[PDB]
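Model: Major prion protein / ligand chlorpromazine.
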Amino acid sequence: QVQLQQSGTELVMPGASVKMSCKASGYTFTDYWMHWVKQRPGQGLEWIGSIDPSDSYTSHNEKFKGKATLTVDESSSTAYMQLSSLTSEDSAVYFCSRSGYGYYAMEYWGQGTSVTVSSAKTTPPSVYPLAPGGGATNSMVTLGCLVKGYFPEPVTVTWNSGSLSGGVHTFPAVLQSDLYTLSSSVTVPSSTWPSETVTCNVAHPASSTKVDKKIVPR
Amino acid sequence: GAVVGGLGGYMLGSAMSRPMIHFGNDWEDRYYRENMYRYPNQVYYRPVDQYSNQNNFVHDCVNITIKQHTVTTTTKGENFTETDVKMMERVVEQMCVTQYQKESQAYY
Amino acid sequence: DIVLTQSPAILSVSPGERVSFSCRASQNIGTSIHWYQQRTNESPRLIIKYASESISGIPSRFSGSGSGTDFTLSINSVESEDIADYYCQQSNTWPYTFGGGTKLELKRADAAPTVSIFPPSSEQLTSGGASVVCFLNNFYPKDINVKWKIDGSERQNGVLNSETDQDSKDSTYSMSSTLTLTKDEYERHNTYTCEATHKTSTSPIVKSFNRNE
Ligand SMILES: CN(C)CCCN1c2ccccc2Sc2ccc(Cl)cc21
């Protein structure tokens, strides 16, 4: 079975370069063209450039010519793309893919390398409890946790060590300053809060951070 | 056999089998398959000793071979388009690389 | 450059219904169009090649037709795993180009958002920060506008928004909106309002709180 193996993430400083790998297996490497495709968060696919591993002949989207350098290492059956002078515009997922034999549908795809361009250092999140305080019926209370100013992604958010699950919305992180912020809501019967404890648990593996924040009225 | 294509200092390599080449899209693959007979199957080069490295040899081998092939083709009243020259460049480069490797080895 | 125009940009469908979407090319490309499916946070996957040719391991419910400039992908009966973005791509000539994509979503009954507003925590206020949070949960359809007001005056600065993907169980959407102010700026005012304009009502839903209280 053909596999295309790409590194999951790269964190890179603005102005720096990154060289991302796509390691192929399960077929004759030199028999098929390899392709690179960009996808900005929430946006569509953009072709960057393609390479023939037999002789390293390349073709580029004109916009990437001078920006993306495509090479292969035949010995390790590996295709590489080097991106230089990175900016926030380069923050994206980069896929490699492989076409057919003399046919150019992209038959196999790597899982993509997620590139984040930032000069931020590793920063644990500040975790703030979001409590109503007031008159709010439904028999349903909504509580929340604000997870502010961390880097890099990801954080993991649970409620009551995962024992809460049915009414939780954890939103995708957003860029705030040079750092990430996310929020999570949990909707629960008014019996159970504040009668019993509702706690949000926030793990930030990169900073070896693990914080429990009990939601307290007022 | 009979490489000395003097000249001029240039030499003519032996004929090589034409490789299957894929150009990365549907139109060019077809164009190539149909037109590849119009392109060289041997290269002109200067003796390998006269070059600093492979890239230098290859670059010159490509230009000399294409130039010479172009004059012979114009004499026959035929013309190369920009696609022809891009494709010729690639396949002649492959042949020049092979020629260099064989010429470079010739040191035994 | 061959431009590929895909329409519509979003298609709402009911499970089991037969759906189609279109890709049109600015120049004739023969049959050199290929279709890809991309589910949330996954790689694209080839589903039809060269206009109409099936792919090993792809369900037979997928088909394509067309030749020249006008292409169509059809799904005979949509399993829920088909909810995804769909892209066409041409490989006739350089540069390769992609369509802008068509998003598939599940059709459900319209549902107004459940709106909750939260003042800054004492904890955050202690650090000189003030974030006002508004959750707009479980609404449909996806389109929604949020406006912030402070003491009656609208504000479009220091506002960060975030959206969830369509819920796998109830097919609804949720949004988070956070207004961040300096603790000092925040104290200069009393009333804070999150204001949601949704299709479900011509009257915007207003949630607000007064510091004096
Ligand atoms: C284009 N310009 C450099 C003139 C080249 C003409 N040329 C050439 C030059 C000087 C002395 C003898 C020759 S014969 C010959 C054989 C093969 C090739 Cl490739 C060229 C030449």
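Protein chains get the first letters and strands the later ones, always in sequence-line order, with residue 1 at the start of each. Atoms within each ligand, like the ligands themselves, are counted from 1 in listed order.
- In this entry, the other chains with a heavy atom less than 4.0 Å from chlorpromazine (ligand 1) are B.
- Nearest non-hydrogen protein atom to atom 11 (C) of chlorpromazine (ligand 1) is B:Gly8 CA, 3.7 Å.
- In terms of protein heavy-atom proximity, atom 18 (C) of chlorpromazine (ligand 1) is nearest to B:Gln68 NE2, 3.0 Å.
- Remark: minimum distance from atom 13 (C) of chlorpromazine (ligand 1) to any protein heavy atom is reached at B:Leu7 CD2, 3.8 Å.
- In this structure, atom 20 (C) of chlorpromazine (ligand 1) is in close contact with the protein, since a protein heavy atom lies within 4.0 Å of it.
- For chlorpromazine (ligand 1) and B:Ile64, the ligand atoms under 4.0 Å from any heavy atom of the residue are 19 (Cl).
- Source organism of chain B in the entry: Mus musculus.
- Note that atom 6 (C) of chlorpromazine (ligand 1) has no protein non-hydrogen atoms nearby, at separations under 4.0 angstrom.
- In this structure, atom 2 (N) of chlorpromazine (ligand 1) is not in close contact with the protein, since no protein heavy atom lies within 4.0 Å of it.
- Measured on heavy atoms with a 4.0 Å cut-off, the binding site of chlorpromazine (ligand 1) is B:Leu7, B:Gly8, B:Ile64, B:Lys67, B:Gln68.
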